[PDB]
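Triclosan bound to Enoyl-acyl carrier reductase.
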Amino acid sequence: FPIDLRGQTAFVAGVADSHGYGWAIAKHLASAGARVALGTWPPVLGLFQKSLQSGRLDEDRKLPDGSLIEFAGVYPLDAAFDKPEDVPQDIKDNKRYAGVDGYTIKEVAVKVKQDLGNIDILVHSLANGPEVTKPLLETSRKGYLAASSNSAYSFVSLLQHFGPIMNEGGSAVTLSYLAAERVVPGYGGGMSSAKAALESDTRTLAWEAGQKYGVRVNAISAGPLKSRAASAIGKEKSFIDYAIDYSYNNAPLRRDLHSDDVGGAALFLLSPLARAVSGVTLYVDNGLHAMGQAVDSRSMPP
Amino acid sequence: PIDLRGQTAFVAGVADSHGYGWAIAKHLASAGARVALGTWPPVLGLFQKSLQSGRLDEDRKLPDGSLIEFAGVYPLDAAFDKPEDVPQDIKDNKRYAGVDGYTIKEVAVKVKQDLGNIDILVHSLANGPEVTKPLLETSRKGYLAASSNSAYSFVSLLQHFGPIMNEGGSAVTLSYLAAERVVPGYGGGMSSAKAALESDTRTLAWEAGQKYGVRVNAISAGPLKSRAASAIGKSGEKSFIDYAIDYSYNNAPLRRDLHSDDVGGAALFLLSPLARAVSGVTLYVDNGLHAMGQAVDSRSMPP
Amino acid sequence: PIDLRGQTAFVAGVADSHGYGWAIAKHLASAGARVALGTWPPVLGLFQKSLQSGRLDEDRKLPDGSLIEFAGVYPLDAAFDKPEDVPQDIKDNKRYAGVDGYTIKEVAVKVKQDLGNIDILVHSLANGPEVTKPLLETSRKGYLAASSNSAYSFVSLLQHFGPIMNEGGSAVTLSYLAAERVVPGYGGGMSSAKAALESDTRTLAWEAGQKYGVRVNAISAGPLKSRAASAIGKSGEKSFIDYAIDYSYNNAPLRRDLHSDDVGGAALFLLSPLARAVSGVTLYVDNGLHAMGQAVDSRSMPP
Amino acid sequence: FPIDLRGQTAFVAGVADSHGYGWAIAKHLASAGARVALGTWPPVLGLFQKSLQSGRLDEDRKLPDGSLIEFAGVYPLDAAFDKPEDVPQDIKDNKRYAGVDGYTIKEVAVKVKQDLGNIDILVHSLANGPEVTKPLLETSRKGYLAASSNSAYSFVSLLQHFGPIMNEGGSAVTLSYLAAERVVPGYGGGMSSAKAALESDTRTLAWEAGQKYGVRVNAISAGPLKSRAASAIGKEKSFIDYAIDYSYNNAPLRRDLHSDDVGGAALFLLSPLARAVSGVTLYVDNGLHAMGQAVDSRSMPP
Ligand SMILES: NC(=O)c1ccc[n+]([C@@H]2O[C@H](COP(=O)([O-])OP(=O)(O)OC[C@H]3O[C@@H](n4cnc5c(N)ncnc54)[C@H](O)[C@@H]3O)[C@@H](O)[C@H]2O)c1
Ligand SMILES: NC(=O)c1ccc[n+]([C@@H]2O[C@H](COP(=O)([O-])OP(=O)(O)OC[C@H]3O[C@@H](n4cnc5c(N)ncnc54)[C@H](O)[C@@H]3O)[C@@H](O)[C@H]2O)c1
Ligand SMILES: NC(=O)c1ccc[n+]([C@@H]2O[C@H](COP(=O)([O-])OP(=O)(O)OC[C@H]3O[C@@H](n4cnc5c(N)ncnc54)[C@H](O)[C@@H]3O)[C@@H](O)[C@H]2O)c1
Ligand SMILES: NC(=O)c1ccc[n+]([C@@H]2O[C@H](COP(=O)([O-])OP(=O)(O)OC[C@H]3O[C@@H](n4cnc5c(N)ncnc54)[C@H](O)[C@@H]3O)[C@@H](O)[C@H]2O)c1
Ligand SMILES: Oc1cc(Cl)ccc1Oc1ccc(Cl)cc1Cl
Ligand SMILES: Oc1cc(Cl)ccc1Oc1ccc(Cl)cc1Cl
Ligand SMILES: Oc1cc(Cl)ccc1Oc1ccc(Cl)cc1Cl
Ligand SMILES: Oc1cc(Cl)ccc1Oc1ccc(Cl)cc1Cl
């Protein structure tokens, strides 16, 4: 009864597997009585579906009481496209999309409205920076704009198409990284840039969507977590691995950051306990954000 | 769900049912915490009687239909750390007659004695004698008092409770936006002392996080007509706070009445295992007012 | 005093005498810089004629009674990096007839050719086709355009000028408050793209600071009725910008008319050896509006 | 002519020697045509006076053109006291104060008004944390309150007593440190705390003083500099020495931070070039503020 989402329905954009923050959020949302629908990137939908029906993810679905998480729908969704006229021929051609239709944001909204009705909870757990491993001086207009398009406009588009089907008192969460506010070497490709805009837009949307639909809009700035999208930067030992160590050694709380930690925080920002909370960037990072200085620097002593 | 059974909390700065302290206490209990309270001695008697009568039973009802009961109500003056710090005027002050052992060190001891190690600590108190005065008209004695009562109190409170706090425990305090941007009428260096409070939340989140594995956070709240807010500007007319609430209602993303429960629940989260990777933050619980860079109802502006 | 003799600057985004770009140029020159300009090709002709006629000579007078002369006025489209990026419609666009070599790579080359390594770089341009539209009514094509023209342009500009910039050189860009807090009517994802711009200032201050020992800063400006600001909301009536200026005048610490010189001089500092330990900052040049947490002239509120 | 302060008069609180930021600010202000008066802590006034008349500081006074800096007055000033009734008997007793009167903020304001007239420029370059080397968990009410009183209220009091004698369009600068916003280990004793309040009050004063006198109010957050007050923390190799290294190795600009660097920045914030600038915290720190991560951490590689 302190968090109780029975009755409510949630849509979680960006779940391809059990290793990202999206999975964890969906897991907790569901754990609280909500109906949870996923939006899944089409090229990877096939393998995800397999994973689920094979019983290969039955461990990662175990809710505290042994029950397994049901998903009330798993929708093809490419949040780089707002509507049909936007999808290139080479994508409709592309083998990997071959099989499913109705995967633009406008179309997924429409599918969800009539399959499930109005929703309560909207989760944006997805980014894509083609040139993430390039520093800004080496990132191209096209790679920068793609990172913006995939990782920030995607959120605005989602709100634009889901807010009309969202109940008054609904809530929406997205996910940033500290790079948005402060320099993080290695996080390139205009991703820092895009996250900064994701944060700005979390504020503007909180306003526009607060007034138009009474729907809250918040962000979590989250610490490093070895998701599959995170392992692919530098694709040996790599961006995320060093990120995890740096935070272990320098954060106020010395502990492993678990995907569920963001899961819990998301649950709060999407629950009635947060009815007065909007426009916020909430740090879920063991407190790393609060430091002005490394405590494991070579430039002092151990 | 979130489950605080087995856990004990001390909420400091509870004298009535109208405070953010009350609402927080009411939410820790409804999640199954044991809740002991801290109450400024001058008003302890009138508070004890309010509970004991039954006047607060409306305000005491939890979701399950039962009634919050407290596990001890401690006299507490957060302006004092030790009994040597209490001056003669207060020892022999008529408002403080009957009450004993209310300095921070002593309360922390009796709380250890009577209850054992706590898990949760709330700092929900403030006081600045010259709050009505702008900063250009505020004195060293009163500004320093504002810092003493509203900022340092949180430092001492952590210092003296930290040791009796379980690994993975939480402390949270309460600020107002004025700490980051100017809110007129929020005077007496309360603005100053809330910025200090926020800074200390970060610094202590480090210190207490490294030493005790305790989390430390701050909720920056929006306007609420609590007893203390009513006292600001006091005549008997539409006060500082009335205008704050009106302004927020008219300029916040969410057009809404902020209720003490709204913070109750925001805090509940912060003091719960759901927040175990959250520390050192300033969580705006203000209907989104903080995010605005411009009032919408300005007279420069059309409706 | 501060002395820019021997130094050369390229100020990008100058088509009239009403812009913040103009005022900055006018201040670099009055400190004895050589100032070459960047001008969007569609308006280059009308700009060249304005200077050449003598219509701007009022706007051209420096403190010493003389007249700013420019060391070359380059056609520049910051939406394009290379001549392969320019599409056929623009190649054969009537507004672009006569002008050649205006992509960022090419301008940086001719600037190297004609003048050598520069010391100072100003980014004073923005464009977002759907600026009148709130974000909930903004398109991917237009939001992306806003980022392309107003944010990435600064990245490319540094990328392509960095190499021809002297150790200890400066670049500065221009933002608006909306990047941090909501300013209604500032739409089309201009808000979004200014936040990106500010973030990149920090990231590039690192990157360019480590590689070139170049500084990189951002002035967050207050409202000014420049040509581009007048175009926002355009009917023929009291516009978005008129209300911005009124609001600021009524709610800023300093009750004052913000003039383009106010930024001219703030920037001058940032691009001068006085600022050699300053990099990655967002300097509010806004009569102190940014510091406020509440409008004073709200209709919730009494005069 | 780009900065030209001839005619104007400045008062610089907190100059005891040629090694602090106060000296540098005063040096540049004077360098620009201003009359510059100093407020100097009484216990150290004697030695300072000596230093100046002995010709021992004639190097540090050399302005670019070889001319030497004149000071239009050097006032006893203990900014822990607002007015005569506030000074304890043991301080009036104290040998070190024995010799000079009129050293409270109210009295120095009054002395300056009639010796020099109305002023234009006010500089607050002073702090004192009795327990700076103690972390916050170990700092006492008294030490915390003293750090607040010395380093933050001091500024409010100065504005309170100088603003009445300040010309419209005047300007005022104080000096913070990054500890105010983000955790810096070693900077204890409630100094972080006080600086946070110094920043808050720079904003509130910009408002109160903007409206009441048309006087601007700004802060510089400055990087580490081996002033004499800075050498006394840890009083061997110590807080400031490590601070200087950490910033050398981790800041966007890899260069020595010189007292003049803050001097220049101060000059700007106190000049007509800043007439639209108020309420600001201006970072003069080689860009250290902008980083979210050390680049010399043990937790990666070199
Ligand atoms: N893992 C971390 O350390 C970390 C830290 C901070 C923030 N984040 C953020 O959290 C979010 C999820 O990241 P994660 O680590 O859980 O990654 P993840 O491995 O869950 O996958 C990212 C997801 O986005 C999807 N995606 C990419 N392009 C898409 C498109 N065009 N349309 C629809 N979906 C697309 C993929 O299906 C994938 O599920 C990301 O936005 C990221 O910015 C992650
Ligand atoms: N009410 C609001 O609008 C609002 C907004 C933002 C922040 N806050 C903050 O929340 C906290 C709770 O206050 P509130 O608004 O709920 O009203 P309240 O009436 O509950 O708060 C005042 C309480 O603090 C206690 N107290 C005051 N001075 C004390 C002292 N010297 N020693 C010990 N206890 C003392 C009193 O007993 C009283 O119970 C305050 O710290 C305040 O800064 C309140
Ligand atoms: N005027 C204000 O109130 C205000 C406030 C805050 C920030 N700013 C910023 O300051 C900068 C200068 O603009 P301004 O207000 O001085 O007016 P302006 O009319 O001088 O700015 C527009 C200029 O940028 C150029 N430009 C526009 N799109 C371009 C493109 N795609 N490629 C190359 N050049 C292009 C134009 O030639 C034009 O000269 C802008 O970046 C803006 O974001 C202005
Ligand atoms: N040096 C640094 O690295 C550094 C970094 C950031 C900020 N600062 C700040 O700059 C300011 C000056 O510091 P600095 O390094 O130049 O120190 P400094 O060596 O110049 O001396 C501090 C000054 O404050 C004075 N003082 C102390 N208590 C006083 C009192 N009660 N009344 C009047 N004066 C008093 C002393 O006379 C001394 O001149 C300080 O406020 C400090 O917070 C210094
Ligand atoms: O934003 C992130 C930050 C971190 Cl530390 C780790 C992973 C993140 O997520 C991504 C990073 C790059 C790409 Cl291409 C895609 C994704 Cl989902
Ligand atoms: O901090 C606050 C902010 C607001 Cl808007 C309203 C009340 C607040 O709380 C206080 C303000 C002044 C005093 Cl003397 C005591 C308290 Cl508890
Ligand atoms: O950024 C700005 C902020 C303000 Cl208040 C006023 C003008 C601004 O500048 C622009 C805004 C929109 C477009 Cl299309 C182009 C430009 Cl140059
Ligand atoms: O604030 C400061 C920050 C830094 Cl890095 C260095 C020196 C500073 O200045 C002081 C620090 C402590 C005390 Cl007791 C007095 C002063 Cl003037």
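The chain called A is the first sequence line; B is the second; the pattern continues. Residue numbering in chain A adheres to the PDB entry, whereby the residues present occupy positions 3-237, 240-306 in order. We number chain B the same way the PDB entry does; the residues here are 4-306, in that order. All chain C residue numbers match the PDB entry; in order, they span 4-306. Chain D uses the PDB entry numbers throughout; the residues present, in order, are 3-237, 240-306. Indexing begins at 1, ligand by ligand and atom by atom, following the structure's order. Determined by X-ray crystallography, 2.6 Å, according to the entry header. As a basis for the values below, the full set of heavy atoms in this structure was taken, side chains included, without hydrogen atoms, waters or symmetry mates.
Counting repeats, the structure shows triclosan at ligands 5, 6, 7 and 8. Other chains in heavy-atom range of triclosan (ligand 5) (under 4.0 Å): A.
The nearest protein heavy atom to atom 9 (O) of triclosan (ligand 5) is not closer than 4.0 Å. Comparing heavy-atom distances from atom 2 (C) of triclosan (ligand 5) across A:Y189, A:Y179, A:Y23 singles out A:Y189 as nearest.
Within triclosan (ligand 5), the atoms closer than 4.0 Å to a non-hydrogen atom of A:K197 are 1 (O), numbered from 1 in the order shown. Taxonomically, the PDB assigns the source of chain A to Toxoplasma gondii. Atom 15 (C) of triclosan (ligand 5) has A:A129 O, 3.4 Å as its closest protein atom, hydrogens excluded (heavy atom only).
Assignment of A:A247 to the shell around triclosan (ligand 5) is not supported, since no heavy atom sits closer than 4.0 Å. In terms of protein heavy-atom proximity, atom 6 (C) of triclosan (ligand 5) is nearest to A:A232 CB, 3.9 Å. Considering only non-hydrogen protein atoms, atom 14 (Cl) of triclosan (ligand 5) sits nearest to A:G131 N, 3.1 Å. The shortest contact between atom 16 (C) of triclosan (ligand 5) and any protein heavy atom is with A:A231 CB, 3.7 Å. Scanning the protein for heavy atoms near atom 13 (C) of triclosan (ligand 5), the closest one is A:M193 CE, 3.7 Å. Here's the thing with A:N130: none of its N/O atoms is less than 3.5 angstrom from an N/O atom of triclosan (ligand 5). Heavy atoms within 4.0 Å of triclosan (ligand 5) belong to A:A129, A:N130, A:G131, A:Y179, A:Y189, A:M193, A:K197, A:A231, A:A232, A:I235.
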